[PDB]
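Below is one structure; the comments refer to it alone.
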Amino acid sequence: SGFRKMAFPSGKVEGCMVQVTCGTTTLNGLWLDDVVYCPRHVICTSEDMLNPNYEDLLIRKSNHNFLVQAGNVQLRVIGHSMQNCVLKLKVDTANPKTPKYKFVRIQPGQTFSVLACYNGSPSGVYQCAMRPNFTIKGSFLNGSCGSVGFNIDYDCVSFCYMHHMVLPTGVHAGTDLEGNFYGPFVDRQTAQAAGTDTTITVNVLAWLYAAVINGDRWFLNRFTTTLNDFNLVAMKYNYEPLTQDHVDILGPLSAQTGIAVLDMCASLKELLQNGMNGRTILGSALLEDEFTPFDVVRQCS
Amino acid sequence: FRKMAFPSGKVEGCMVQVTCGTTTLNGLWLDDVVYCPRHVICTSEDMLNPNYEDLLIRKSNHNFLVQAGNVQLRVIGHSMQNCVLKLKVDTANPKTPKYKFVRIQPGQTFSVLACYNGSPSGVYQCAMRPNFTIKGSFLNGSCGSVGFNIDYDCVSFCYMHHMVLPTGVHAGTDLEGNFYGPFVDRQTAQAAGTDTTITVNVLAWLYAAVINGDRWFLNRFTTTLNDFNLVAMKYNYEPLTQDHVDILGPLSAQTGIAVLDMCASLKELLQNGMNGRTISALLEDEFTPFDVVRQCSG
Ligand SMILES: Cn1cnc(Cn2c(=O)nc(Nc3cc4cn(C)nc4cc3Cl)n(Cc3cc(F)c(F)cc3F)c2=O)n1
Ligand SMILES: Cn1cnc(Cn2c(=O)nc(Nc3cc4cn(C)nc4cc3Cl)n(Cc3cc(F)c(F)cc3F)c2=O)n1
């Protein structure tokens, strides 16, 4: 009972965060086995960050230019290399708290937990979604660069996001752990805009099922619609179209509530055309789109 | 603003499973003591009207199964303190953090580590409501999950989850086993009082709005604390205490807006409604003055 924005327990990840400093530039890094991963932006001085030539900046540095701090313990850098936008620092000590982990690239619409860190110290955890325009609406202050996003799958930590930068609208941009940006961004200190965002329709529907499970039912009606007729209206309002794969993924929540997906779509279509009219759903006055169907199942089953 | 929880790692290493018979729930292992709800000593026929003193007399140390994962911790002593059982085990937990037990007041926020079978499953932030419930998220098997705050290096444990009420909200104790609210640990339907809006947290949210440049609602007038408190009651808002005025001081200083001037602004919103938004069309009441500062400054 109840419904909350829930993150995964962060303990497996907390043991892997460190501070990386190069000159006076400092940020957070991720220590797994005997490698520290961090944004390559750390090798920039203040002059370099506007238009960095990273290959050049990197050849001009040596192992002892890198100061890696794990709490009070100092790790010794014995090698380094660039992979896209992520620096890989080989250190002489393996992390004994290394979890079972893999690196994954997630898709727009999917959610993950963010461990926000400052000077190598974990400070907060929260859940967010990859937006369709490849940004995330995070909560980050100066010094958060290199914080990571992750999901837990039984015993295995899937790392999917490494935080790089804030955009002028206050949303955030980053890479996967292979160093490739989500979206059309580049790791330099220039003002960059994102593409236009859309609402994640399959997530809205999952959240409407959670509301029904928790007793909020005022928006239901006895009508149904077809997939195509629903998608025409959704497109009009800048909602993502629904595919048959989405209909399948909502199956378990449709079975648990007895409300068919296309029946829910008919409710959502009415909401798009007429609004909430001052009513709320699960305490929200806006349609929430950052819970996946799987998120809802974890919390309501 | 996100609802952001504290990192849970220091607490995850203290979670265990406690079983008595087939009744199972979560416990908290600190040093050589396991804390858990005393409801664990009930069979199904006892849960509706348990005589805890009678049930405990018939229990021996060797009736308690305490497991950290698959590893059994042998119980060498037991006592009951209000609604929590304290189980002395033969192993001091080597992951015990620096910790203290605190009793929080309504309006205060904390992180909840939701656990099932002694295994951590999710973390989230919530506030204690003025009617001493929490609007949590808990399924069956979550009894004994704990709520906490982190102050620097030290974990402050403030909440042990016990039960779900008929309206779907949740009730529990502090770590000395004293319930928050007028509830009792039996399987009967119990009603919580009517909830009110947490005024001190609404004021913190209005200060955060001002800090970020959103300040249309600031009005030219001031009020007294007594006038404000009597108005708030009429709208199902909590009256302010002297402690509330004090914890708002830093935000007042940062913005140069006196607390009572902000109260006069809220009073207007209460009597006239809003038309535009703030930051949202709804006034948020689960961010404390500490939460605001922690997310705006660090
Ligand atoms: C407000 N906010 C929200 N998220 C962020 C993340 N972030 C950050 O933490 N730091 C950045 N630049 C740095 C400045 C430094 C000054 N010192 C002494 N050391 C510093 C290290 C960093 Cl990383 N930036 C900006 C930024 C970081 C990048 F990785 C990048 F490729 C381009 C950028 F413009 C930043 O966004 N701040
Ligand atoms: C849906 N929901 C949300 N929160 C809760 C919390 N909660 C819980 O997890 N378990 C409870 N009763 C038990 C039944 C058991 C069956 N077995 C085999 N073992 C069991 C152990 C427990 Cl604790 N309850 C009910 C409950 C628990 C109490 F501690 C109490 F004092 C009164 C109560 F009615 C419960 O609310 N479920």
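So you know, we letter chains A, B, ... as the sequences are listed, proteins then strands, and number each from 1. Atoms within a ligand are numbered from 1 in the order they appear, just like the ligands themselves. Computation of the quantities below employed the complete heavy-atom set of this structure, encompassing side-chain atoms and omitting hydrogens, waters and symmetry-equivalent molecules.
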Checklist entry - What is at ligand 2, out of amikacin, zanubrutinib, bosutinib, aliskiren, ensitrelvir? => result ensitrelvir
Item to check | Chain with most contacts to ensitrelvir (ligand 2), per UniProt | outcome: 3C-like proteinase nsp5
Item to check | Other chains with a heavy atom under 4.0 Å from ensitrelvir (ligand 2) | outcome: B
Checklist entry - Are any of the N/O atoms in B:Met47 less than 3.5 Å from those in ensitrelvir (ligand 2)? => result no
Checklist entry - For atom 20 (C) of ensitrelvir (ligand 2), is the nearest protein heavy atom closer than 4.0 Å? => result yes
Checklist entry - If you map the residues of chain B that touch ensitrelvir (ligand 2) onto UniProt domains, which domain gets most of them? => result Peptidase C30
Checklist entry - Hey, does B:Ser142 come in under 3.5 Å of ensitrelvir (ligand 2), counting only N/O atoms on both sides? => result yes
Checklist entry - According to the entry, what organism does chain B come from? => result Severe acute respiratory syndrome coronavirus 2
Next on the checklist: Please report whether atom 1 (C) of ensitrelvir (ligand 2) has a protein non-hydrogen atom at a separation of less than 4.0 Å.
Outcome noted: yes
Checklist entry - What is the residue-level binding site of ensitrelvir (ligand 2) with heavy atoms closer than 4.0 Å? => result B:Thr22, B:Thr23, B:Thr24, B:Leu25, B:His39, B:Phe138, B:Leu139, B:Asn140, B:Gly141, B:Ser142, B:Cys143, B:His161, B:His162, B:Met163, B:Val164, B:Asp185, B:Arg186, B:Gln187
